[PDB]
Amino acid sequence: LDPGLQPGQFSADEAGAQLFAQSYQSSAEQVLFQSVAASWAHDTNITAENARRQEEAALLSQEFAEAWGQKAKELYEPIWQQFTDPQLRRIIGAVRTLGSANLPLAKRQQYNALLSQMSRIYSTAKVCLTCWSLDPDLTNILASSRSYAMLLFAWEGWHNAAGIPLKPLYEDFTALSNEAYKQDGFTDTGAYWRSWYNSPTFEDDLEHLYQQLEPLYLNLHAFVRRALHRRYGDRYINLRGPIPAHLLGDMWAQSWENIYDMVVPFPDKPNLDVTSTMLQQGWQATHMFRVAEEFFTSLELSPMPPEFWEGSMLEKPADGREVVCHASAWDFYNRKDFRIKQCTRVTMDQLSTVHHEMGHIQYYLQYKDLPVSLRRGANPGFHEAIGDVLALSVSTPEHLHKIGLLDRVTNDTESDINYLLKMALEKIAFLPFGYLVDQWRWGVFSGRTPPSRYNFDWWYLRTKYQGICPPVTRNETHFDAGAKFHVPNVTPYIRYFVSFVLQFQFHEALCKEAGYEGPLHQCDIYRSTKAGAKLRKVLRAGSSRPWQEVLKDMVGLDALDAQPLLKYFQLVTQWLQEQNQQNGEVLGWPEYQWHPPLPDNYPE
Ligand SMILES: *[C@@H]1O[C@H](CO[C@@H]2O[C@@H](C)[C@@H](O)[C@@H](O)[C@@H]2O)[C@@H](O[C@@H]2O[C@H](CO)[C@@H](O[C@@H]3O[C@H](CO)[C@@H](O)[C@H](O)[C@@H]3O)[C@H](O)[C@H]2NC(C)=O)[C@H](O)[C@H]1NC(C)=O
Ligand SMILES: *[C@@H]1O[C@H](CO)[C@@H](O[C@@H]2O[C@H](CO)[C@@H](O)[C@H](O)[C@H]2NC(C)=O)[C@H](O)[C@H]1NC(C)=O
Ligand SMILES: C[C@H](N[C@@H](CCc1ccccc1)C(=O)O)C(=O)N1[C@H](C(=O)O)C[C@@H]2CCC[C@@H]21
Ligand SMILES: *[C@@H]1O[C@H](CO[C@@H]2O[C@@H](C)[C@@H](O)[C@@H](O)[C@@H]2O)[C@@H](O)[C@H](O)[C@H]1NC(C)=O
Ligand SMILES: [Ca+2]
Ligand SMILES: [Cl-]
Ligand SMILES: [Mg+2]
Ligand SMILES: [Zn+2]
């Protein structure tokens, strides 16, 4: 470690810990920046050499974390929990968690190489027939094609290409990750991830939330299944079975927005998928980012700074060079550089993703002046919710009208059902997926799911919660969890489940602050400077305060609550139930064993 980066001496008292935390702050922004910068150089340009460099930067990060970590223990281990300064307690608490810096050097290098190799496999995997990439090629197929065989070829090709080679590395990664966090006091890595919510009843509270939401999902599923049956017929859709996992618009069946045209209740009303209009009007990536920004400035939140526009990667590079397309928002920890990296496509769902990513940036802009240890969401779910809350307003027919994307205006029960149905495809359909992913990963980290059951347990959960089935036979050579970005990239998932509930709590509160008095699902907070001030208070808090209290100050309650989401969707929840009953649907999938046949001429 460079001499300037090494910790000095501090008295072993709270006065010393404050000086310690200040000295750490100085050196940590330098260390984080080199690490983030090397990650950027790799992710926007995947080469052997960029991986080498990133690995070197990560090693320097661990060295730093180890030295400042061990000094924090040496001086403050028996006393930091009794410090008067709550923010100081949180800073020291972070610094003394070593994670992968607990590993000896050889295992640190193994760990860093595993992350790099798993990232590369995911972001460079192709399906060959001339080879299709995930983004845009396979994404477009899953979203747009209605050919059973084509969908299958993309689904199977991607799962095989990405999943199969990851499996040996994932096993090695799990074991090392566990070894690292065990020396911080956690039974397994999952326990450390869950600790961020600082709630002893976290798993039970999530389970209770899901119990309230499940009927909504069952009704949506049944209704969509029926529409798929009308299209694909009895051979490929079982009206009492799970839906084939490739037919729902998305590689992971996680959001069903893309099959809206097949399920829309009242096709005579305004077309709520404005993708056609965006293309017709010639929208590109930077228009999408600028329109998102202006929503934020309408609230008197910050614009994107010059460094964002100069640094960001907003389209897939046309020089064909390899990049991580999966959209992400970057804090370089120097209070100046902030960037999005997205292979943006001109679609309505991408417009929402742009808002999602810009929500991350806006958090980073608002808390940049906190101590480095506190530059995070009040919990991870908060960071995930910010952009989605604004996108709830943007998606409204009224708002789309204001920005030139929906010329016809209507306010009637049919138009409302269409809107709420479309939103259900994006929000309700995701809930079981958002919930299951980390149930899977928590079982893997705990050892309940050994390598010998990775795919068996994955599909158990996928069927259990989403009521989908794989459209070709799978076995334990397959590693279908690995074909989802967050697994090889070691990004936790439960945050997205929390976010999908929390965003409706946020929406409700911001709408009330805006002075809006209509139905929750027609609220648009655009240009509410009062809504803006209430959201800014959250963003400025970082992780300086318990999330329960930040939530209470914002929405008036100190807990996750499904009631705002239920209220938002209530009209369509009622309508879907009525439709399914009148069609005599079976809710659920009692033929749990059923899988579709292969197409006759597949794949030739
Ligand atoms: C779309 O239309 C709905 C429904 O409008 C209501 O019923 C229709 C059939 C018509 O007869 C309308 O005249 C009637 O308002 C609109 O929702 C309604 O909006 C108003 C707010 O502008 C609500 O009234 C307010 O209620 C609060 C109490 O909560 C009072 O403090 C206010 O004094 C005020 O009267 C009304 O409750 C609300 N009701 C429904 C049916 O949910 C909606 O605003 C409109 N949307 C758009 C985008 O134009
Ligand atoms: C992608 O990363 C590679 C490193 O793997 C970059 O290669 C360097 O490129 C500059 C300019 O072409 C040369 O002067 C260096 O000698 C290269 N290094 C090596 C080791 O080959 C490459 O430039 C990057 N591409 C982009 C557009 O950023
Ligand atoms: C597109 C988005 N990408 C992520 C990347 C997170 C990340 C974290 C660390 C390193 C690299 C990436 C995010 O911005 O949270 C994402 O994966 N998801 C999720 C997903 O697509 O699975 C669902 C969430 C709502 C809309 C977009 C969100
Ligand atoms: C796992 O599956 C591998 C390949 O897929 C198989 O081939 C297709 C045509 C179907 O038969 C499908 O049901 C199969 O999964 C096999 O190569 C492999 O040997 C299978 N078994 C093991 C132990 O890996
Ligand atoms: Ca779409
Ligand atoms: Cl999380
Ligand atoms: Mg989509
Ligand atoms: Zn996010």
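If you read the sequence from its start, that first residue is 1, and numbering goes on from there. In listed order, ligands and their atoms are each counted from 1. All values below were derived from every heavy atom in this structure, side-chain atoms included, with hydrogens, water molecules and symmetry-related copies excluded. Recorded method for this deposit: X-ray crystallography, 2.0 Å.
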*Tell me the drug found at ligand 3.*
ramiprilat
*Write down the macromolecule with more contacts to ramiprilat than any other chain, named per UniProt.*
Angiotensin-converting enzyme, soluble form
*Within 4.0 Å of ramiprilat, heavy atoms only, which residues of other chains turn up?*
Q254, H326, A327, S328, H356, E357, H360, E384, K484, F485, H486, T491, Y493, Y496, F500
_atom 5 (C) of ramiprilat: nearest protein contact (heavy atom, Å)_ = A327 O, 3.3 Å
*Would you say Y493 has any N or O atom under 3.5 Å from an N or O of ramiprilat, going by distance alone?*
yes
*What are the atoms of ramiprilat, with element, lying closer than 4.0 Å to any heavy atom of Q254?*
20 (C), 21 (O), 22 (O)
*Could you find the nearest protein heavy atom to atom 14 (O) of ramiprilat and give me its residue, atom name and distance?*
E357 OE2, 2.6 Å
*Which protein non-hydrogen atom lies closest to atom 16 (C) of ramiprilat, naming both residue and atom, and how far is it?*
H326 NE2, 3.6 Å
_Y496 versus ramiprilat: do any nitrogen or oxygen atoms come within less than 3.5 Å of each other?_
yes
*Please identify which atoms of ramiprilat are closer than 4.0 Å to at least one heavy atom of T491.*
8 (C), 9 (C)
*Please could you name the atoms of ramiprilat that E384 approaches to less than 4.0 Å, counting only its heavy atoms?*
15 (O)
_I'd love to know the other ligands and ions under 4.0 Å from ramiprilat, if any._
ligand 8 (zinc ion)
*State the UniProt domain of chain A with the most residues near ramiprilat.*
Peptidase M2 1
*In terms of atom number and element, which parts of ramiprilat are under 4.0 angstrom from non-hydrogen atoms of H360?*
13 (C), 14 (O), 15 (O)
